[PDB]
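Drug present: aztreonam (open form).
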Amino acid sequence: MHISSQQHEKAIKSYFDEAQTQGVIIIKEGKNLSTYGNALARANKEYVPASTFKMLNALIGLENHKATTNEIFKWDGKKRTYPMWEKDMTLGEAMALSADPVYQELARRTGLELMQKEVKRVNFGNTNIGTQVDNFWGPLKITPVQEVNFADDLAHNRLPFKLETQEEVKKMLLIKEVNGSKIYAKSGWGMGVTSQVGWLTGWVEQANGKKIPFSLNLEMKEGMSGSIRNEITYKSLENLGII
Ligand SMILES: *C(=O)[C@@H](NC(=O)/C(=N/OC(C)(C)C(=O)O)c1csc(N)n1)[C@H](C)NS(=O)(=O)O
């Protein structure tokens, strides 16, 4: 890689242009944030976290003894938006499937009051979870910079939760293994006032133990497959030589 920064920026901008979306992908190396993509001003704008919030819901539920990691959440038998959710599952399984009913149940066990306190204590986003404990991941919003930093915190065990709570949640987030590098992350897709947001927020753990946090953020459009979030992310990390 004698590749110019101009060429990196152009290549990653083109992965967003080809998907016909507007988005950004923030990469963090040590303390330095780099911003890539075809809509850089997204970096400090606020969007609903949607399902990226499952990472924090899990940390809170575990820290506070609302569940354990091997506990099986039974499917209640009612029809689900997706068949894959019609099954009994652990928090970790529900993370990978982004299964809402499980994370909703966990949120209800935690309850609105404790969820409020705990979201303030962690200072996640704008920190407002409103009056509904299972529908809030509006008015809670967060920026892509704030997401990559949250990812940075979790990857290095700096959030204010016990170490073992943080390691337990990190084990849930492994979504890919590419050439001795592991990718931990959580996806999101939220409907906002007039637009949809897509997220993929996590970190690359390299063979040598180095951790590189990232947050992809983009506009989802009718018709898009969700796996475009992953594909843009993996191409970008690869172009940068990070995986
Ligand atoms: C998690 O992000 C989850 N997203 C949602 O359930 C929300 N969805 O809105 C969609 C896009 C499905 C819709 O058209 O209604 C949501 C939660 S809070 C908010 N403002 N919107 C998805 C399905 N899981 S994921 O892994 O695909 O991201």
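Per the PDB entry, chain A residues shown: 31-167, 170-275, in order. Start at 1 and go down the list; that is how both ligands and their atoms are numbered.
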(message) Just wondering - which macromolecule does aztreonam (open form) hug the most here, in the naming of the PDB entry?
(response) Class D beta-lactamase OXA-160
(request) Define the binding site of aztreonam (open form) at 4.0 Å using heavy atoms, by chain and number. (result) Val78, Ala80, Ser81, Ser128, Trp167, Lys218, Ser219, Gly220, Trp221, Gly222, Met223, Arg261
(request) Check whether the model has a covalent bond from aztreonam (open form) to a chain and give the residue and atom. (result) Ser81 OG
(message) Please check whether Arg261 reaches aztreonam (open form) - meaning an N/O of the residue sits under 3.5 Å from an N/O of the ligand, judged on distance alone.
(response) yes
(request) Before signing off on this row, confirm whether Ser128 and aztreonam (open form) have an N or O atom pair separated by under 3.5 Å. (result) yes
(message) Side chain or backbone, does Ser81 bring an N or O within less than 3.5 Å of an N or O on aztreonam (open form)?
(response) yes
(message) Would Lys84 count as a polar contact of aztreonam (open form), with the cut-off being nitrogen or oxygen pairs under 3.5 Å?
(response) no
(request) Could you tell me whether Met223 and aztreonam (open form) have an N or O pair separated by under 3.5 Å? (result) yes
